[PDB]
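Entry overview - NS3 protease with danoprevir in place.
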Amino acid sequence: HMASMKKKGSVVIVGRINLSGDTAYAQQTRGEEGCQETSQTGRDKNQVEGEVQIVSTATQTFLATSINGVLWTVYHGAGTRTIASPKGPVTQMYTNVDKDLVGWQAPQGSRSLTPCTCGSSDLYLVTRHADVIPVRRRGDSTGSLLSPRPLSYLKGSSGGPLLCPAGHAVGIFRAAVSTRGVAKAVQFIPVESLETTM
Ligand SMILES: CC(C)(C)OC(=O)N[C@H]1CCCCC/C=C\[C@@H]2C[C@@]2(C(=O)NS(=O)(=O)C2CC2)NC(=O)[C@@H]2C[C@@H](OC(=O)n3cc4cccc(F)c4c3)CN2C1=O
Ligand SMILES: [Zn+2]
């Protein structure tokens, strides 16, 4: 009944993929209890750094990527949820269930990737475990893994970036194509789609 109706919590940043130095590695910035409390209140006072954030809801964890001052991620992970921030929950700035894309204003402290203009097809996918996976671009929104991996290896990496050799953002990881549980290809939201959305 109306009085007992629950509210979904915010998406909470719980870590980041560190790409600054010469070694890529995952960092956790908040443990599961803090995350649950932060999800409920929407108030997150933690310092944010970097381009690729690890994010969580009460029930899922995945990635979020800053491009042109927007923190982008997938609708199948974030739904229409707000994101926790120092001043309380922040409403989505973009929502597109047809592209499986959402965006909030990028948190203070984050760094944004620049949209690729190279027209290059040698890409790199960054996972939540900070693996940097070579991907050959195969079409507007697909790319093949040079070395196939079991699905398990990509799970929880949606929202992560595909980058060009110059470190520009080419797309946001959306879905994996598999045969017998082995991922051969990936689907992503092309950065131009984002630029249009904006
Ligand atoms: C499209 C095609 C060719 C049929 O393929 C597949 O549907 N395959 C599957 C294989 C699943 C096995 C795990 C693979 C692991 C990693 C996959 C990256 C990943 C993930 O890490 N999610 S998450 O854990 O972080 C999650 C916690 C955040 N995404 C998923 O699972 C998505 C979610 C779901 O699809 C969607 O809801 N929509 C909605 C869309 C709207 C428009 C366009 C789209 F494409 C859309 C895709 C199925 N997904 C796949 O990938
Ligand atoms: Zn580029």
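Residues displayed in chain A correspond, in order, to the PDB entry positions 982-1179. Both counts, for ligands and for their atoms, begin at 1 and track the order of listing. Header entry for method reads X-ray crystallography, 2.0 Å.
The parts of the structure that belong to danoprevir are ligand 1.
Taking a cut-off of under 4.0 Å to the non-hydrogen atoms of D1081, the atoms of danoprevir (ligand 1) that pass are 38 (N), 39 (C), 40 (C), 41 (C), 42 (C), 46 (C), 47 (C). Within the 4.0 Å cut-off (strictly below), a protein heavy atom is located near atom 43 (C) of danoprevir (ligand 1). Every atom of danoprevir (ligand 1) is numbered from 1 in the order shown, and the set under 4.0 Å from a heavy atom of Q1168 is 1 (C), 3 (C), 44 (C), 45 (F).
Remark: atom 38 (N) of danoprevir (ligand 1) lies closer than 4.0 Å to at least one protein heavy atom.
Evaluated by nearest non-hydrogen atom to atom 28 (C) of danoprevir (ligand 1), the leading choice among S1122, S1139, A1156, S1133 is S1139. Taxonomically, the PDB assigns the source of chain A to Hepatitis C virus. Within a 4.0 Å radius of atom 30 (C) of danoprevir (ligand 1), the protein contributes at least one heavy atom.
Nearest-heavy-atom check against atom 17 (C) of danoprevir (ligand 1) across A1157, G1140, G1058 picks out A1157.
Within the 4.0 Å heavy-atom shell around danoprevir (ligand 1) one does not find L1044. The nearest protein heavy atom to atom 11 (C) of danoprevir (ligand 1) is not closer than 4.0 Å. The nearest non-hydrogen atom to atom 21 (O) of danoprevir (ligand 1), considering only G1137, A1059, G1141, comes from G1137. Using a 4.0 Å heavy-atom cut-off, the binding site of danoprevir (ligand 1) is formed by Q1041, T1042, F1043, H1057, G1058, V1078, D1079, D1081, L1132, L1135, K1136, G1137, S1138, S1139, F1154, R1155, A1156, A1157, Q1168.
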